[PDB]
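In this structure, meropenem (bound form) is found bound to Beta-lactamase.
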2 protein chains.
Amino acid sequence: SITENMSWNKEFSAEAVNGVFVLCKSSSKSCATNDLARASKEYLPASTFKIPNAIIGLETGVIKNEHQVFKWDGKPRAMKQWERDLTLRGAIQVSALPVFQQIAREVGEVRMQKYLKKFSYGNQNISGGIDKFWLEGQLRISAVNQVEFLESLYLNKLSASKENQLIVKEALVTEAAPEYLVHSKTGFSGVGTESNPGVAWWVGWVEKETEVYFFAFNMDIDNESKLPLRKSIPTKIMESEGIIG
Amino acid sequence: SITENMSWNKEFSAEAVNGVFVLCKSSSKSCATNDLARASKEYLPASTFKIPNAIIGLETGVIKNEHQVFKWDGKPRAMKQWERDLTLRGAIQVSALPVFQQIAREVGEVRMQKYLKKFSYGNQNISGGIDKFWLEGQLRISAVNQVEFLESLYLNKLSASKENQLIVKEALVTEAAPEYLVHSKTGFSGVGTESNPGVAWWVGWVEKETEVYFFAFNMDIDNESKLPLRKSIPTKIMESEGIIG
Ligand SMILES: *C(=O)[C@@H]([C@@H]1NC(C(=O)O)=C(S[C@@H]2CN[C@H](C(=O)N(C)C)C2)[C@@H]1C)[C@@H](C)O
Ligand SMILES: *C(=O)[C@@H]([C@@H]1NC(C(=O)O)=C(S[C@@H]2CN[C@H](C(=O)N(C)C)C2)[C@@H]1C)[C@@H](C)O
């Protein structure tokens, strides 16, 4: 089940943020959130979709192996951070959209649709273009669904080889310590339109000693100056819960 | 092929220390070292053996899976950092000797001996006690051999499932950034005499952007105060190579 902790809304009100944090100890059957209504509301996954897309890319053979280098041959890209050769992990961690847009094209509608059904990934709507359905198309996923999906990944229970799940998991390590390990992925759909804000994400899980905590955060956003809030608000909530001080 | 870099002896000489650093770019077919003769000399692996031990424990089912918890029975251990339940990653990173002595016994000699031949691990001599051959027994391995073994692990080419090579690899992650990942493990056999000295190790590999560097360091320890040099000497060489930063 899931519990509503209204105390957590303090971290949101202090910054006038409309968002939701979902936090789960040990498993998906012991979770809490600041907002039950928004916890199950479905939003564009934006770059958080690079997690399933990479798994599907390895499954289908589009990504030959974990050692494949995605070369940059000089085609101008929307951010200089993407204008370089990238590993699979690098492409994920810098959110190299063009790399994963080409992966999407090579996977194709049929295989993409099949794996999203197998992963129970959101509304499973890939309309809007095979290389943009997760960013400006019709794909939507809730914070609870992200936690469920990531828990499956952590347990190697996605319908894919354990090998490929493990490959993507190390690619998601963002903080490493002897008894403290974080897998996570951020997302940002843009600033949105007039009275249609964008969405920003932070999702992943934390392994502290022999315990695990899955989490998913999203917020409405209409300016890039608010991006750091997608990390600081959830980090403060987790710090409050003793998930490392 | 291995190249000698005489300039890399600066720090060794200034501290009056006998040791070797082996550093390889892309593959073990492009290695350089400060001392060609010592690069091939074999030494007690000490805790660096936890890497092969961890893999063998998984291959044989002694370690159930990536989520195995090693319980602390509450009776005293030599170090308070070990008096707790630990993941496989935790066991490796805090170098929990008693956990890996128990692993070895369950593996047994027939299978340990088998896998050390499969891995081409040093002189493959596990005399000295099934739970101590790598600490005070007859097992010996060279810096060159460590690099070869670690390269095989990086490539998933060891005679073991890719599954378990991937499990142990994430367990070895020590530093993480979007385009910089480090797998490494230290080891130290204890202070010896000026004539029969101990050995201190640093081994691992650095993934920087799309490049990979394999390294193995060891040094003779006949005074406990020289042990910090096991990190600073190789760190200085890798800084001068432009790998760090
Ligand atoms: C994914 O959602 C988009 C890209 N991935 C990320 C992300 O969520 O980290 C963004 S946000 C980009 C990262 N560095 C920039 C920054 O920090 N400032 C401008 C302050 C913003 C990308 C937009 C995908 C749609 O490209
Ligand atoms: C395994 O080899 C033993 C541990 N390995 C290490 C080591 O290589 O560092 C030590 S020494 C202890 C832990 N790290 C500290 C250090 O490096 N400095 C203080 C400089 C000291 C152990 C002996 C395991 C069998 O205990």
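The chain called A is the first sequence line; B is the second; the pattern continues. Chain A is numbered as in the PDB entry; shown residues: 21-265, in order. The numbers used for chain B are those of the PDB entry, and the residues that appear cover 21-265, in sequence. Remember, it's 1-based here, ligands and their atoms both numbered in the order they're listed. In what follows, every heavy atom counts, from backbone to side chain, and hydrogens, waters and symmetry copies are set aside.
Every copy of meropenem (bound form) considered, the relevant parts of the structure are ligands 1 and 2. Other chains contributing a heavy atom less than 4.0 Å from an atom of meropenem (bound form, ligand 1): A.
Residues of other chains with a heavy atom under 4.0 Å from meropenem (bound form, ligand 1): A:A66, A:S67, A:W102, A:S115, A:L155, A:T206, A:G207, A:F208, A:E244, A:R250. In terms of polar-atom proximity, A:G207 is counted as a contact of meropenem (bound form, ligand 1), with an N or O under 3.5 Å from an N or O of the ligand. The atoms of meropenem (bound form, ligand 1) that sit less than 4.0 Å from any heavy atom of A:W102 are 26 (O). For meropenem (bound form, ligand 1), none of its N or O atoms has an N or O atom of A:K70 under 3.5 Å away. What the model shows is a covalent bond from meropenem (bound form, ligand 1) to A:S67 OG. What sits closest to atom 5 (N) of meropenem (bound form, ligand 1) on the protein, heavy atoms only, is A:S67 OG, 3.0 Å.
When distances from atom 3 (C) of meropenem (bound form, ligand 1) to the protein are checked, a heavy atom turns up under 4.0 Å. Polar contact check, A:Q101 against meropenem (bound form, ligand 1): no nitrogen or oxygen pair lies under 3.5 Å apart.
Within 4.0 Å of atom 15 (C) of meropenem (bound form, ligand 1), not a single protein heavy atom is present. Some N or O of A:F208 is nearer than 3.5 Å to an N or O of meropenem (bound form, ligand 1), by distance alone. Of all atoms in meropenem (bound form, ligand 1), listed by their number and element, those nearer than 4.0 Å to a heavy atom of A:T206 are 7 (C), 8 (O), 9 (O).
An N or O contact shorter than 3.5 Å is missing between A:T68 and meropenem (bound form, ligand 1) by distance.
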Find all protein N or O atoms under 3.5 angstrom from an N or O atom of meropenem (bound form, ligand 1) and list the pairs with distances, or write 'none'.
from                             : atom 1 : to     : atom 2 : distance (Å)
meropenem (bound form, ligand 1) : 2 (O)  : A:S67  : N      : 2.9
meropenem (bound form, ligand 1) : 2 (O)  : A:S67  : OG     : 2.1
meropenem (bound form, ligand 1) : 2 (O)  : A:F208 : N      : 2.8
meropenem (bound form, ligand 1) : 2 (O)  : A:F208 : O      : 3.2
meropenem (bound form, ligand 1) : 5 (N)  : A:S67  : OG     : 3.0
meropenem (bound form, ligand 1) : 5 (N)  : A:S115 : OG     : 3.2
meropenem (bound form, ligand 1) : 8 (O)  : A:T206 : OG1    : 3.4
meropenem (bound form, ligand 1) : 8 (O)  : A:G207 : N      : 3.1
meropenem (bound form, ligand 1) : 8 (O)  : A:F208 : N      : 3.4
meropenem (bound form, ligand 1) : 8 (O)  : A:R250 : NH1    : 2.8
meropenem (bound form, ligand 1) : 9 (O)  : A:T206 : OG1    : 2.9
meropenem (bound form, ligand 1) : 9 (O)  : A:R250 : NH2    : 3.2

